Structure formats: structure tokens, C-alpha cells
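Bound state: Metallo-beta-lactamase type 2 + ampicillin (open form).
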Amino acid sequence: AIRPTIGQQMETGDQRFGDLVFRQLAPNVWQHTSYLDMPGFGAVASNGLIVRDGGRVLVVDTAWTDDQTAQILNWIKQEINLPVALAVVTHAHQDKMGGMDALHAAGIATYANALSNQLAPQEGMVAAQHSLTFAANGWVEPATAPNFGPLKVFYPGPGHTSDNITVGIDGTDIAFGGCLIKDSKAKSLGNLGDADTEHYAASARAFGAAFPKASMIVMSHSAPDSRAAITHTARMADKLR
Ligand SMILES: CC1(C)S[C@H]([C@H](NC(=O)[C@H](N)c2ccccc2)C(=O)O)N[C@H]1C(=O)O
Ligand SMILES: [Mn+2]
Ligand SMILES: [Mn+2]
Ligand SMILES: [Mn+2]
């Protein structure tokens, strides 16, 4: 078993594949987990999603590294055996965009918030090949998200970072909050170094309101949780103002 310093531990049902862990969340949704070994600190787990949409697969977030991301693609090849149509990455930090090069090498179309793409070079990341833009209420402009199938992308406002986006999985009760949302028992909001402390609470609540019927909330650094992850995150964020 992989036993990270930060992130959910392994439980029955989890599948180890190389350096990664996969968990099935729904008949057509899996969580991918990759681990950054921080020298002297141990492993930091990061989670994304894999969604089957008929004869194709859609990915949310890379792994920390290109090699780990290539392993995700290998797992998809083995277990699903369908092509990856596109990937969405949820902001311009290593845990979410560290593996862009592996996606590009594989010929997978990549999408991110326009702002994430603009920040990427300043964060030592490679930009996605396509930019998503958003309405004044946070919903993605549909023309910028062509053929996204069940992925419903929502920009909740600045929180964990100014560019953080979130993704609901239509046809399921799952929504993905990325690094914006922390678990219902969290002691902290993680790294606030790039955070908007004024708007964080409202942004967390906006995510909840965008996907009001989602009962399983997936996030970057803990196991899937209830909507209490959203409300607890917002309550922690209320204290920052
Ligand atoms: C897990 C984190 C505390 S670190 C990660 C991210 N940081 C990185 O991706 C850095 N490249 C990094 C540097 C040293 C050790 C780990 C990550 C961030 O600052 O939001 N996301 C944070 C978070 O989601 O709260
Ligand atoms: Mn981050
Ligand atoms: Mn993170
Ligand atoms: Mn402001």
C-alpha cells in the first residue's frame, strides 16, 4: 500500500497501478491518484478524474509529473481501452498541470481556463492547447468547451487561486472541486499563498450552488466526501476575511 503524508490512505476497492492508485466512483467515473515525494516530508497525494462517455474517455487534471501522467494513460488503455478525447486541468499548479507534456505527446486535446494558460509560464507549467472562458455568473462559454459531453465546467470565483475551476459530471451525482475544496474534517485550507482570502468563502459556496444536487464531492487531497466538504471549506474561509 501507498501511505502518503498528505492525502487519503488506501482502502479496499482501490487499485494500485504502477506508482498510482485508481478508485471507481461510479460505473463511468474513476478517481486517479498520484504522489509527489517531497524530500524529508513524504508523499503528497493528488486526485483527478477519469470519465467514460460512450466510446471515448475524458480526463480531469494531470498527475504531478509527465511519467505519472503517462501511467494514467496506460491504465486507461488497459482497463477501458478507449481513446482519450480531451483533458481539462483545473488551475496552473504542479499537482493539476504537471503532466501536460505527456498528454500532448499522446495527441490529447487539452483545455484550461484562459487565465490558467496565461499563468502557466510563470508557474513553470506548459499551457493547455485551448482556453476556456467564462460568463459573469461563472458558467463556461459553450463555444470554448466543444464536445465536452458530461463535463460541466464552472468557474466559482477566486479562492485557492484566482484561476481555479471546477467540474460537475452530468448524469451522475459527482462534482469535482479540485484544490478549492478541502474535506469535511480538514484542519486547514491547504496552501493559501496564492489565495484570495476575501472571496474564498463566496467562491466555495458558489461551487455548491452551481451543482446543488451533487452528493459526492471529489477534491484534490482527500477521499471523496459529502457536501459537508463544501460547507466546512466555506466556514474555514469565513475566518479569513
Ligand atoms: C497540497 C498543497 C498544499 S501543495 C499544491 C500546490 N503546490 C504545488 O503544486 C507546488 N509545486 C509544490 C511545492 C512543494 C511541495 C508540494 C507542492 C499549491 O501551492 O497549490 N496544492 C496545495 C493545496 O491544494 O492546498
Ligand atoms: Mn494550487
Ligand atoms: Mn493542491
Ligand atoms: Mn477583491
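Note that chain A is numbered according to the PDB entry, with residues 30-270 shown in order. Counting convention: from 1, in listed order, for ligands and their atoms alike.
To find every copy of ampicillin (open form), look at ligand 1. At a heavy-atom cut-off of 4.0 Å, the residues contacting ampicillin (open form, ligand 1) are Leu65, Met67, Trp93, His122, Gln123, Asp124, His189, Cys208, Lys211, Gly219, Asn220, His250.
Of the protein's non-hydrogen atoms, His122 ND1, 3.4 Å is the one closest to atom 18 (C) of ampicillin (open form, ligand 1).
The nearest protein heavy atom to atom 23 (C) of ampicillin (open form, ligand 1) is closer than 4.0 Å. Under the 4.0 Å distance rule, the nearest protein heavy atom to atom 9 (O) of ampicillin (open form, ligand 1) falls inside the cut-off.
The protein does not reach atom 14 (C) of ampicillin (open form, ligand 1) closely, with no heavy atom under 4.0 angstrom from it. Among protein heavy atoms, atom 19 (O) of ampicillin (open form, ligand 1) sits closest to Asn220 ND2, 2.9 Å. What sits closest to atom 12 (C) of ampicillin (open form, ligand 1) on the protein, heavy atoms only, is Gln123 NE2, 4.4 Å. Judged by heavy-atom distance, the UniProt Zn(2+)-binding residues in chain A that approach ampicillin (open form, ligand 1) within 4.0 Å amount to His122, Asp124, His189, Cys208, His250. Residues of chain A that UniProt gives as binding substrate and that have a heavy atom less than 4.0 Å from ampicillin (open form, ligand 1): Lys211, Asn220. Near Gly219, the atoms of ampicillin (open form, ligand 1) lying under 4.0 angstrom from a non-hydrogen atom of the residue are 25 (O). Atom 1 (C) of ampicillin (open form, ligand 1) has as its closest protein heavy atom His250 NE2, 3.3 Å. Against a heavy-atom cut-off of under 4.0 Å, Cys208 is close to the following atoms of ampicillin (open form, ligand 1): 24 (O).
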